[PDB]
Trainee: 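Notes on a complex, fedratinib with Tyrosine-protein kinase JAK2.
Each residue takes its place number in the sequence, starting with 1. Order of listing sets the numbers, starting from 1, for every ligand and every atom in it. Note that these values count all heavy atoms, side chains included, but never hydrogens, waters or copies made by symmetry.
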Amino acid sequence: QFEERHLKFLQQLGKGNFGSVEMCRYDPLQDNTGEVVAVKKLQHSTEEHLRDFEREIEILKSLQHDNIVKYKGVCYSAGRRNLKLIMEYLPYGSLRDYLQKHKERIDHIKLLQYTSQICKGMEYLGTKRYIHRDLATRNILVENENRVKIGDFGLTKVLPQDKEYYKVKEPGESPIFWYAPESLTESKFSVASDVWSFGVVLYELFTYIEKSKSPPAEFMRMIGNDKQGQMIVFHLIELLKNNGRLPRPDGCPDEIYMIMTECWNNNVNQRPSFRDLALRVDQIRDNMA
Ligand SMILES: Cc1cnc(Nc2ccc(OCCN3CCCC3)cc2)nc1Nc1cccc(S(=O)(=O)NC(C)(C)C)c1
């Protein structure tokens, strides 16, 4: 529905490996009444990346949830590539940056509100047999002080009809300090591996994104900063097989650290569901209030 003639560039919000996101104003009447949107595009539009980009557009079109960023449409230039995905724009940016800028005004009860919203959005993803694979405070976006949203679906894959996991080894470097053990060793991605990663999201939240308490900082202080390249991954695998874990964040109540550890269970069938986590986090929140 969108025409690239009338999309007008304001600034770049983010740029990763295969894609980038720009703030733009859709102003079809050329009079500065149009609305400001977010536009995602590929920056190396190979054909494999393009077909995966279109499955992502189709996945995001199939989702409507208060905690999922809103799809708006697509746009094409002359031809049926240079394809662009149009989404709503959220003014407060990533939850990672929002939280370390207001760390002295956001208490634990507010952290738990975000947490339960993330859970409800993740639970909605699971009902449609989507695996996010990429959850982190980096990709959680902020609509306003009371609402967060899951903000990017570049790696979201749909489960096969028969099986409850997905095997993918990607070319390039992966965020291996959020990945469940069975994802490091066998590249299996399930809703239980997303629960592992939600545990480290919750860890991040309670570290208030303090620089020396990032999961990579803490993990690679546990295995030694001397480790080399591929050996890095191997050493982390061994540390997770011996029940080495991230430490409890400073000030974190023991109840919330028990939720974190229960998601970091080595036994994949023994991790809690997102609906159970939402109920645990809603009761901790209701007792604090
Ligand atoms: C879909 C969408 C809607 N609204 C926003 N709002 C937003 C608003 C301000 C942001 O500030 C970024 C920090 N500075 C960068 C320059 C301006 C400010 C960042 C994001 N972002 C959105 N997506 C987005 C924006 C930046 C990064 C990401 S991502 O890290 O999760 N994924 C990739 C873009 C790398 C694929 C996703």
Trainee: Please report whether fedratinib (ligand 1) has a polar contact with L90, defined as an N or O pair separated by less than 3.5 Å (distance criterion only).
Mentor: yes
Trainee: Could you check atom 29 (S) of fedratinib (ligand 1) against the protein and tell me its nearest heavy-atom contact, residue, atom and distance included?
Mentor: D152 CB, 4.5 Å
Trainee: Nearest protein heavy-atom contact for atom 35 (C) of fedratinib (ligand 1): which residue, which atom, what distance?
Mentor: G16 N, 3.8 Å
Trainee: Could you list the atoms of fedratinib (ligand 1) found under 4.0 angstrom from a heavy atom of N139?
Mentor: 31 (O)
Trainee: Does fedratinib (ligand 1) have an atom that lies less than 4.0 angstrom from a heavy atom of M23?
Mentor: no
Trainee: Identify, for atom 3 (C) of fedratinib (ligand 1), the protein heavy atom at the shortest distance, and state residue, atom and that distance.
Mentor: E88 O, 3.2 Å
Trainee: Check fedratinib (ligand 1) against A38 and write out every atom of the ligand that is under 4.0 Å from a heavy-atom position of the residue.
Mentor: 1 (C), 2 (C), 3 (C)
Trainee: Could you list the atoms of fedratinib (ligand 1) found under 4.0 angstrom from a heavy atom of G93?
Mentor: 7 (C), 8 (C), 9 (C), 10 (C), 19 (C), 20 (C)
Trainee: Among protein heavy atoms, which lies nearest atom 2 (C) of fedratinib (ligand 1), and at what distance?
Mentor: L141 CD1, 3.5 Å
Trainee: Ignoring hydrogens, just give me the one of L13, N17, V21, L10 whose non-hydrogen atom is nearest atom 34 (C) of fedratinib (ligand 1).
Mentor: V21
Trainee: Looking only at protein heavy atoms, which one is nearest to atom 18 (C) of fedratinib (ligand 1), and what is the separation?
Mentor: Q11 NE2, 4.4 Å
Trainee: Counting only heavy atoms on the protein side, is anything nearer than 4.0 Å to atom 13 (C) of fedratinib (ligand 1)?
Mentor: no
Trainee: Of the protein's non-hydrogen atoms, which lies at the shortest distance from atom 1 (C) of fedratinib (ligand 1), and what is that distance?
Mentor: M87 SD, 3.7 Å
Trainee: Name every other-chain residue that has a non-hydrogen atom under 4.0 Å from fedratinib (ligand 1).
Mentor: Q11, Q12, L13, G14, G16, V21, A38, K40, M87, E88, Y89, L90, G93, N139, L141, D152
Trainee: Report each N/O pair between fedratinib (ligand 1) and the protein that falls under 3.5 Å, naming both atoms.
Mentor:
residue, atom, partner, partner atom, Å
fedratinib (ligand 1), 4 (N), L90, N, 3.0
fedratinib (ligand 1), 6 (N), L90, O, 2.9

